[PDB]
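Below, a PDB structure including Bestatin.
Naming: A, B, ... by sequence-line order, numbering from 1 per chain. Scope of the values below: all heavy atoms of this structure, side chains included, with no hydrogens, waters or symmetry mates. Header entry for method reads X-ray crystallography, 2.0 Å. For ligands, and for the atoms within them, numbers begin at 1 and follow the listed sequence. Only part shown; contacts counted inside that part.
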Amino acid sequence: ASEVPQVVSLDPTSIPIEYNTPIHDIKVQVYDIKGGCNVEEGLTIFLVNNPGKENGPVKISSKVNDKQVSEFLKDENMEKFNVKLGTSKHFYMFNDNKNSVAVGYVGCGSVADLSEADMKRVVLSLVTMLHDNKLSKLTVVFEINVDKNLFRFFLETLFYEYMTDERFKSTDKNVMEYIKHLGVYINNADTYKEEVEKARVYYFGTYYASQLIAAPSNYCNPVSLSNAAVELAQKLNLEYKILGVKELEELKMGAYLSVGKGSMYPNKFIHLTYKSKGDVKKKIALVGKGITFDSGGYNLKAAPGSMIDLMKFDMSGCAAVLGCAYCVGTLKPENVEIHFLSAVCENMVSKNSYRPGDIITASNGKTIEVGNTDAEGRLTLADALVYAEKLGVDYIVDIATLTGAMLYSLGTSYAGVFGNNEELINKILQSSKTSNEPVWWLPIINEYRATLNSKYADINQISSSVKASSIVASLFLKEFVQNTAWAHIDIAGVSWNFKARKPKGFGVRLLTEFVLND
Amino acid sequence: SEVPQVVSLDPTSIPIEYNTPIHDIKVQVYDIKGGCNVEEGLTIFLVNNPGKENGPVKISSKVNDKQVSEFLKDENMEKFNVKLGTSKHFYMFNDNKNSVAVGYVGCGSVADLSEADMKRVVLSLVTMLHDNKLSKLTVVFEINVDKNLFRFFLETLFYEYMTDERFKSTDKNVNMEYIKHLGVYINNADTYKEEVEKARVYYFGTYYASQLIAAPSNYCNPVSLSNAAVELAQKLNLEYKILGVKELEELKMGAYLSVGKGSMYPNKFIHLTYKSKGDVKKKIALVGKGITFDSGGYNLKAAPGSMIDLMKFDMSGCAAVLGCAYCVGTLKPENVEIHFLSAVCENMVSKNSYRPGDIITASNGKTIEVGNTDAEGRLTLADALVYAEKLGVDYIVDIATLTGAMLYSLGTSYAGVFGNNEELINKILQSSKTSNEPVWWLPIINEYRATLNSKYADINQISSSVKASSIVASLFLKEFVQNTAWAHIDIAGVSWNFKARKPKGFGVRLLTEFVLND
Amino acid sequence: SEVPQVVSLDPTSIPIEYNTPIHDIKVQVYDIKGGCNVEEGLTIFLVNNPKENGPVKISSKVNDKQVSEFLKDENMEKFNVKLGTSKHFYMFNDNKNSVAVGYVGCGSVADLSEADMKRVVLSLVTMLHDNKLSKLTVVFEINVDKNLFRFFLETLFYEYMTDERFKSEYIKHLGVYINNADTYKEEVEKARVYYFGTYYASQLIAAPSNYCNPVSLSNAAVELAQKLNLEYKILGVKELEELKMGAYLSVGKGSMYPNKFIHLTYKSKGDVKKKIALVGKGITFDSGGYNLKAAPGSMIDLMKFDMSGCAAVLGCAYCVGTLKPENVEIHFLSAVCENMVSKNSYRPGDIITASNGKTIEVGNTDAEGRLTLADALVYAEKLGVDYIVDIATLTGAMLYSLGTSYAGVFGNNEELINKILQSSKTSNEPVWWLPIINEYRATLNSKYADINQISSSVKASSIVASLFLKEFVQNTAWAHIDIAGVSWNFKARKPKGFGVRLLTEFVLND
Ligand SMILES: CC(C)C[C@H](NC(=O)[C@@H](O)[C@H](N)Cc1ccccc1)C(=O)O
Ligand SMILES: CC(C)C[C@H](NC(=O)[C@@H](O)[C@H](N)Cc1ccccc1)C(=O)O
Ligand SMILES: CC(C)C[C@H](NC(=O)[C@@H](O)[C@H](N)Cc1ccccc1)C(=O)O
Ligand SMILES: [Mg+2]
Ligand SMILES: [Mg+2]
Ligand SMILES: [Mg+2]
Ligand SMILES: [Zn+2]
Ligand SMILES: [Zn+2]
Ligand SMILES: [Zn+2]
């Protein structure tokens with residue numbers, strides 16, 4: 001725990017973090033649809049679709065244990081409504097005990113397997129029914145087919161979208177009550193019950209990352225972010241070490257140190273370790289890019305579209321890695337040891353900053369000619385990757401908001417994965433499938449390597465000719481892993497939900513599924 | 001108090017000239033019905049010809065000299081016309097056989113001169129004074145002017161004639177000599193006589209603001225500007241207090257303090273007070289934006305057209321308020337108490353600067369999400385407005401070089417006024433009329449308020465979607481006045497005289513007439 | 001048809017060379033086992049060292065004592081194998097004849113990539129361009145695939161050939177020494193064919209927009225079909241109107257050249273087991289239209305290359321027509337036009353109707369290729385084929401995603417994408433599969449028309465364009481190959497002729 005330096009006494013000295021959220025107070029009950037649905041207080045929503053028939057009629061198929069509600073939901077009455085994806089309706093009636101009940105449905109369209117994107121749309125509709133309605137309970141009845149992973153994703157997403165982050169509200173808090181109870185009716189319920197607590201853990205790891213990402217750069221700087229990581233390790237009983245500048249100089253981490261030279265906050269390198277109590281069969285290092293604010297440095301983000309105002313989000317890789325630490329430390333997988341690493345710093349303009357053209361020496365002794373101070377993420381990752389390989393692990397996976405070009409290549413929905421090992425890339429792609437966080441495999445094109453040849457240094461930080469900047473970044477990172485299966489996930493395009501004006505906490509579940517299924 | 005320096009050659013005060021050559025001019029007013037004595041120096045007739053576009057000159061005054069009367073006969077004048085701003089010089093021997101210079105300035109053919117027309121007249125008169133070593137000027141009014149326009153004539157003559165040589169060293173004008181006497185002949189002289197020393201006061205308030213504005217950012221910084229304000233207050237016997245960082249921290253002025261974080265000069269908040277002896281019937285806070293240099297901060301003024309080289313002028317608001325303090329302190333109105341306020345600081349790039357995205361807390365507890373460090377003026381004004389309202393005043397008027405959009409809406413001639421109270425706005429418009437500093441009322445459009453809703457903080461500093469930036473800045477300021485009549489004068493477009501390459505000292509006479517009228 | 005002219009000096013046809021010096025090279029391949037004969041011309045060894053940039057050491061026996069001396073280890077040690085490094089020396093052989101002997105460095109890595117083999121070849125071509133030689137012999141002291149061997153041959157031939165049509169010497173023999181020489185012999189004439197289809201494509205692309213316009217390009221395609229005995233049909237503006245190709249006709253509106261739609265057909269002898277339509281973007285000059293290419297980086301000077309897909313599809317027609325694969329039927333389609341600024345041009349905001357009835361709101365007149373392809377895809381689908389593959393210089397964003405080396409392929413059918421990926425492997429023209437992300441589809445929801453041509457929000461423009469194209473195929477396996485990044489060799493200042501060998505491999509394989 002280090003002291004956060006301040007310029008004025010009003011500067012904050014820690015990131016506010018909510019651990020005990022209202023989602024954690026929700027009691028979840030799962031029931032099998034074969035027993036019929038009981039319809040009482042709160043709101044009961046049926047998820048309904050109509051395979052084949054685009055915008056086909058709503059038909060409720062579950063038995064409802066109430067004659068009045070059954071009459072209301074009969075085919076004749078329901079057929080005037082359709083299943084258009086995201087569409088919803090509210091119903092009011094008196095049940096058999098003469099107590100008014102609210103019921104409704106959300107349309108799930110006409111395609112029998114919902115994509116992760118479609119399910120998100122269903123959930124967003126559901127959340128709009130929760131908002132601006134003081135409810136003690138929500139009950140959801142599944143009349144659509146979902147596998148266990150998709151069921152879990154539904155719950156994670158519901159929890160995540162429902163939770164409102166009011167840490168920075170003062171005079172403008174939403175005068176917002178949360179349900180206390182969530183009932184779920186589904187066929188073969190016993191088989192889905194295990195997903196409930198798993199969803200609740202994955203929600204929090206995601207939401208925890210999101211809290212770190214949304215925290216502004218005055219709150220979340222390298223000192224306060226490494227202090228938060230210390231606190232998280234203490235809560236989960238993970239080992240931890242925070243390396244400070246004296247130890248970083250001793251390790252010759254010149255690339256990482258150069259990036260931080262301009263900051264009033266000392267670099268802090270985060271190292272958390274989870275080890276299973278049994279025989280360790282796999283060792284994994286997860287590396288996250290940890291830039292708490294990216295101004296660009298002397299290559300200032302001044303160009304139209306450079307989005308300097310969003311650059312508190314440049315520690316999203318680090319957040320995903322810490323969200324993963326939360327999930328792993330909670331679920332406690334066996335036979336594995338996991339290292340959670342981030343070379344945390346801030347990229348600023350100062351008499352002290354590194355310069356375009358500076359030649360700096362990484363910890364593996366490679367000299368690097370700086371071509372653009374705004375390509376700082378790959379310099380911090382270079383040193384974090386050398387540290388990670390020294391740990392003697394089987395896999396290194398880094399995750400980073402590394403290149404704006406991702407917005408032009410995969411866009412805002414899919415992350416890109418690059419790597420030096422196909423078995424490991426396939427594992428990441430499998431984790432993507434079971435986490436429902438989409439990733440697409442992109443190539444490291446060796447032909448571009450030659451454009452990183454420096455006239456003076458051992459290597460160039462950037463290409464002068466190749467515009468394929470995400471692949472060029474990957475080529476540069478590859479030079480810092482000598483003999484270990486490595487994969488790199490570029491989340492520059494996917495991390496921030498531009499429409500909703502908030503983080504996604506992208507990568508937490510992906511990396512956790514990777515760890516668990518190994 | 002002590003001005004920090006980087007090197008010993010950095011200046012530690014603003015040079016300020018109080019006893020200017022204008023102050024040494026002996027001014028006499030005579031009634032025109034006694035006829036004009038033409039004895040020495042230069043004698044200029046102000047002549048028009050109503051109806052006749054570019055009509056002939058006809059000198060109507062009685063002239064007490066046969067030789068000069070002969071010269072000025074209609075036949076001899078008929079070659080010349082009254083085209084606005086046109087002028088001629090004549091040379092002749094008078095009755096005492098002493099050579100004299102005589103001439104005229106054409107005042108056009110519209111019998112009521114606008115402020116801009118009158119400025120054109122004065123500029124032509126001034127070109128006759130330049131490059132001619134004269135000890136005396138006499139001006140004969142053969143046009144119609146009310147008392148306010150006569151005063152405007154003199155104020156404008158004084159200000160345009162005065163040349164600012166404080167930063168000249170090897171290039172002072174070896175030929176500049178100023179007249180020692182000004183004679184004025186006008187109909188109903190006795191009623192105009194009162195205007196002479198009022199003009200001299202108003203000239204000085206305006207010229208003082210001008211000196212402060214023109215003083216570059218290495219001379220005029222938060223420390224030297226607040227020191228100059230103390231010296232002013234001492235000279236006029238005003239109560240004064242300068243609030244330093246520790247007091248500002250105690251007052252929780254987090255928005256103002258965040259702006260000045262990246263500067264080598266500590267924040268200084270100026271608070272001067274004039275109080276009439278006797279019953280105080282109106283209490284007024286005048287608030288001036290006082291950014292001594294606006295680099296833009298991490299949103300650096302680097303786009304083409306951003307005028308970074310002009311940004312020493314971003315304390316023009318504060319200068320108008322201090323110019324006003326000079327006039328009020330000199331003229332001593334009854335029945336009022338006036339607070340002259342400025343939150344002074346410099347907006348710089350540093351490891352210590354606030355960043356885009358930072359969430360800061362204003363002195364009224366509202367949290368603000370910073371969307372652009374270059375919208376700094378509204379942050380400093382926010383805390384200054386909160387401070388003003390705590391004083392328990394009847395009216396709060398702020399004046400500020402706030403938005404570049406003023407150049408596209410009103411341009412360089414008229415300031416914009418916005419406000420929450422129609423009677424206050426009308427007072428300002430009234431003062432605009434009698435000061436001859438033009439102002440136009442612009443709307444605060446509440447439909448745009450929703451664009452300042454922040455996802456995380458209570459409010460956004462800037463709009464995501466609305467390009468009407470002067471209106472959006474007024475919506476933001478309005479959030480920091482709770483229940484007091486308030487108006488905001490945006491002088492961004494009018495403050496600097498781009499053609500003459502000098503300040504106008506805009507707003508000193510406006511604000512003084514506002515105080516005096518009330 | 002006759003090409004319109006503004007002045008009598010305007011060209012009325014594209015000059016094409018069919019018979020090239022490459023066609024006069026006699027090629028012979030020999031087994032390395034019996035040693036090499038260095039009797040005449042230039043001999044180059046392809047040598048690696050599996051020591052990084054370590055020394056050259058030559059292992060083949062040579063049947064000349066003087067040359068054998070030159071090639072002794074002690075001498076060869078002074079040179080290194082760094083990929084693409086070369087040296088060659090003139091000397092007198094055993095019968096006092098002048099010969100030149102050298103090596104090209106093949107690096108330290110066993111499997112040579114496509115890109116590495118290109119480097120080897122550029123270095124070889126550097127020597128050929130600089131020397132008056134009647135014969136070249138190449139000795140493979142490195143291991144190559146049959147396919148990579150053919151690739152070596154195609155690249156050699158293509159790079160060596162110089163295009164002099166607009167300006168106002170070659171070897172006559174090629175000897176190749178290689179292990180298991182008998183297995184590589186059938187690669188030789190296949191390469192010569194792939195060379196020419198690629199070179200032809202390159203000639204159309206390199207041809208400036210005053211020479212190559214929708215009229216002269218369609219005339220060239222007719223002449224190709226005639227030389228090859230393919231069926232051909234050029235659709236003119238009247239038939240295009242009859243067919244309601246309003247998206248395509250709109251793009252052509254501002255141009256002095258009438259739109260011409262090319263449709264060539266290859267049919268196999270024997271039972272036709274597969275039908276395929278290959279559709280190429282054929283914009284003969286893309287100015288951007290009222291959305292003019294004026295922005296820094298917009299490369300308006302290169303936009304003669306905007307018919308590269310069309311050229312790939314015609315080069316493929318040459319290969320298919322020549323090689324004559326069986327059990328397959330192939331349609332070669334291109335909706336050719338030119339995108340210009342005029343009083344007659346289509347405008348930003350215009351609503352146009354495609355041949356399948358879909359109305360389209362134009363957001364950008366520079367997204368013209370997808371409009372021409374929309375009509376071409378409808379046309380293609382009406383043919384009842386098994387696969388439709390289009391190839392197009394569609395989005396500048398490709399430079400930012402895959403870059404200049406690898407094309408992107410998007411599709412609606414994994415089986416078909418997999419076949420294209422495999423054709424990529426065997427052609428050695430690299431392609432990477434990119435996703436059609438359906439979450440972006442809603443951004444093409446137009447307020448007024450059935451669909452928007454462009455997204456306002458999504459910057460992933462190559463995916464957006466694919467989502468748009470996808471709306472014009474209803475029920476047929478389809479893939480789209482975006483070659484905007486890949487088509488032009490910026491550094492060498494010439495086309496690559498990219499896609500010809502890919503599509504021919506696709507046709508020959510499946
Ligand atoms: C100089 C370039 C090769 C690299 C440069 N990279 C960066 O700026 C990273 O440090 C940025 N964090 C990338 C970024 C930009 C916009 C939105 C999301 C992510 C980029 O522009 O992407
Ligand atoms: C970021 C924007 C919404 C607000 C911004 N405002 C400012 O820069 C003020 O701090 C400027 N001092 C106002 C200004 C700009 C140009 C000329 C004269 C005056 C402006 O660009 O007008
Ligand atoms: C408006 C956009 C969505 C589409 C636009 N597309 C085009 O300009 C195509 O018609 C161009 N022919 C593609 C192109 C541009 C630059 C370099 C190589 C290739 C583009 O610039 O990508
Ligand atoms: Mg950067
Ligand atoms: Mg500013
Ligand atoms: Mg175009
Ligand atoms: Zn970054
Ligand atoms: Zn400012
Ligand atoms: Zn095009």
Which instances in the model belong to Bestatin? ligands 1, 2 and 3
Name in UniProt of chain in most contact with Bestatin (ligand 1): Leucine aminopeptidase
Heavy-atom contacts under 4.0 Å: which other chains make them with Bestatin (ligand 1)? A
Going by heavy atoms, is A/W496 under 4.0 Å from Bestatin (ligand 1)? no
In Bestatin (ligand 1), which numbered atoms sit nearer than 4.0 Å to a non-hydrogen atom of A/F313? 18 (C), 19 (C)
Can you list the atoms of Bestatin (ligand 1) that are under 4.0 Å from a heavy atom of A/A492? 18 (C), 19 (C)
As an exercise, identify every atom of Bestatin (ligand 1) less than 4.0 angstrom from a heavy atom of A/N372. 1 (C)
Measure A/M406 to Bestatin (ligand 1) on non-hydrogen atoms and call it side chain, backbone, both or neither using the 4.0 Å cut-off. neither
Looking only at protein heavy atoms, identify the closest one to atom 12 (N) of Bestatin (ligand 1) and say how far it is in Å. A/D314 OD1, 2.8 Å
Record the part of A/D374 in heavy-atom contact with Bestatin (ligand 1) below 4.0 Å; permitted values are side chain, backbone, both and neither. both
Looking at A/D294, which atoms of Bestatin (ligand 1) are within less than 4.0 Å of one of its heavy atoms? 9 (C), 10 (O), 11 (C), 12 (N)
Where does Bestatin (ligand 1) share space with the UniProt peptide-binding residues of chain A, that is, which have a heavy atom under 4.0 Å from it? A/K289, A/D294, A/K301, A/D314, A/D374
Out of all atoms in Bestatin (ligand 1), which are within 4.0 Å of some heavy atom of A/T401? Include the element for each. 11 (C), 12 (N), 13 (C)
Name the UniProt Zn(2+)-binding residues of chain A with a heavy atom closer than 4.0 Å to Bestatin (ligand 1). A/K289, A/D294, A/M311, A/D314, A/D374, A/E376
Enumerate the atoms of Bestatin (ligand 1) whose separation from the nearest heavy atom of A/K289 is less than 4.0 angstrom. 9 (C), 10 (O), 12 (N)
Heavy-atom contact under 4.0 Å between A/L310 and Bestatin (ligand 1)? no
Among UniProt active-site residues of chain A, which is nearest to Bestatin (ligand 1), and at what closest non-hydrogen distance, rounded to 1 Å? A/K301, 3 Å
Looking only at protein heavy atoms, identify the closest one to atom 14 (C) of Bestatin (ligand 1) and say how far it is in Å. A/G404 N, 3.7 Å
Just which atoms of Bestatin (ligand 1) are under 4.0 Å from any heavy atom in A/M311? 15 (C), 16 (C), 17 (C)
Report the organism recorded for chain A in the deposit. Plasmodium falciparum
Any protein heavy atom lying closer than 4.0 Å to atom 19 (C) of Bestatin (ligand 1)? yes
Interfacing atoms of Bestatin (ligand 1) (cut-off 4.0 Å, heavy-atom, A/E376): 10 (O)
When you measure from atom 17 (C) of Bestatin (ligand 1) to every protein heavy atom, which one gives the shortest distance, and what is it? A/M307 CE, 3.6 Å
Find other ligands or ions closer than 4.0 Å to Bestatin (ligand 1). ligand 4 (magnesium ion), ligand 7 (zinc ion)
Which chain positions lie within 4.0 Å of Bestatin (ligand 1) by heavy-atom distance? A/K289, A/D294, A/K301, A/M307, A/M311, A/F313, A/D314, A/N372, A/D374, A/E376, A/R378, A/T401, A/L402, A/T403, A/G404, A/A492
